[PDB]
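Here the structure comes first, spelled out in structure tokens, and everything after it is commentary.
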Number of protein chains: 2
Amino acid sequence: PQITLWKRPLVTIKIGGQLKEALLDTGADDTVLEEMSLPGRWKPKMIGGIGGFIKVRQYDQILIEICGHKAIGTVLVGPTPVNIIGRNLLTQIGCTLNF
Amino acid sequence: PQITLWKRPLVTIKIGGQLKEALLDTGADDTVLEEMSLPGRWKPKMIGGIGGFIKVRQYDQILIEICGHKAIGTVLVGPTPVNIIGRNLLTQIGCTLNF
Ligand SMILES: CCC[C@@]1(CCc2ccccc2)CC(O)=C([C@H](CC)c2cccc(NS(=O)(=O)c3ccc(C(F)(F)F)cn3)c2)C(=O)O1
């Protein structure tokens, strides 16, 4: 698809058989999801946004479908205003910025 | 321009006669720049992101050049860790996400 930016670029994702809404965010290095359970072990990560740093749980090799497109990679879980799909997964589904 | 997302989508902008580097961010509602002076009236605003909220100064009807493309709109100025071009100006240069 081609997504214009007049509205927030919110898509449906699927993770652990659950549908969720997520923001496609080209300013994010990483993908950050609201509190949920994921399989396997996690490792600690600190990430920075406009309001400062947050502590998140890093889960590697997580299956996630984004607007119909399969991706498998790192997902961080922590206090975030919205589920964010960052460049690590935007690259996997073939996403570019065009103007 | 077609921009891949392997790396941070950083572009050159021109604002108030100054050349600056800025992040194209499809997740930001608003454009927010690190501290600088801008002409005209401003009002205080609070904006949220990862890490919580920051206080910014809001300047309307500001002209910016983004990779050669002229855009006018609201520019916020405050303690952001990076210059961010958000959707309010990305729409004006006809920027889309494609996959
Ligand atoms: C996962 C980190 C995300 C990011 C990284 C910025 C960065 C880059 C390189 C180095 C250091 C830091 C990019 C980003 O889009 C935001 C948020 C949206 C998630 C953001 C950016 C710009 C402005 C706002 N505030 S706002 O009022 O314009 C706004 C508020 C809420 C939302 C919502 F959709 F997320 F809800 C979007 N925009 C928020 C942020 O806070 O940091």
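Sequence lines set the chain letters: A, B, ... in the order given, protein chains first and strands last, and positions in each chain run from 1. This entry, so its header tells us, was determined using X-ray crystallography, 1.8 Å. Counting starts at 1 for both ligands and their atoms, in listed order.
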Hey, which chain has the most contacts with ligand 1 here? Just the name the PDB entry gives it. protease
Name of the drug or drug candidate at ligand 1? tipranavir
Just wondering, which other chains does a 4.0 Å heavy-atom cut-off pick up around tipranavir (ligand 1)? A, B
Tabulate residues with any non-hydrogen atom nearer than 4.0 Å to tipranavir (ligand 1). A:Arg8, A:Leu23, A:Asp25, A:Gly27, A:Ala28, A:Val32, A:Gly48, A:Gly49, A:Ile50, A:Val82, A:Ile84, B:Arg8, B:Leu23, B:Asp25, B:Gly27, B:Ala28, B:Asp29, B:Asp30, B:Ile47, B:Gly48, B:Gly49, B:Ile50, B:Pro81, B:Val82
Which residue and heavy atom of the protein sit nearest atom 35 (F) of tipranavir (ligand 1), plus the separation: A:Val82 CG2, 3.3 Å
Of all the non-hydrogen atoms in the protein, which one sits nearest to atom 22 (C) of tipranavir (ligand 1), and at what distance? B:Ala28 CB, 3.3 Å
Considering only protein heavy atoms, which is closest to atom 17 (C) of tipranavir (ligand 1), and at what distance to one decimal place? B:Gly49 CA, 3.9 Å
Considering only protein heavy atoms, which is closest to atom 25 (N) of tipranavir (ligand 1), and at what distance to one decimal place? B:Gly48 O, 2.7 Å
Tell me which protein heavy atom sits closest to atom 32 (C) of tipranavir (ligand 1), plus the residue, atom name and distance to 0.1 Å. A:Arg8 NH2, 3.6 Å
What source organism is recorded in the PDB entry for chain B? Human immunodeficiency virus 1
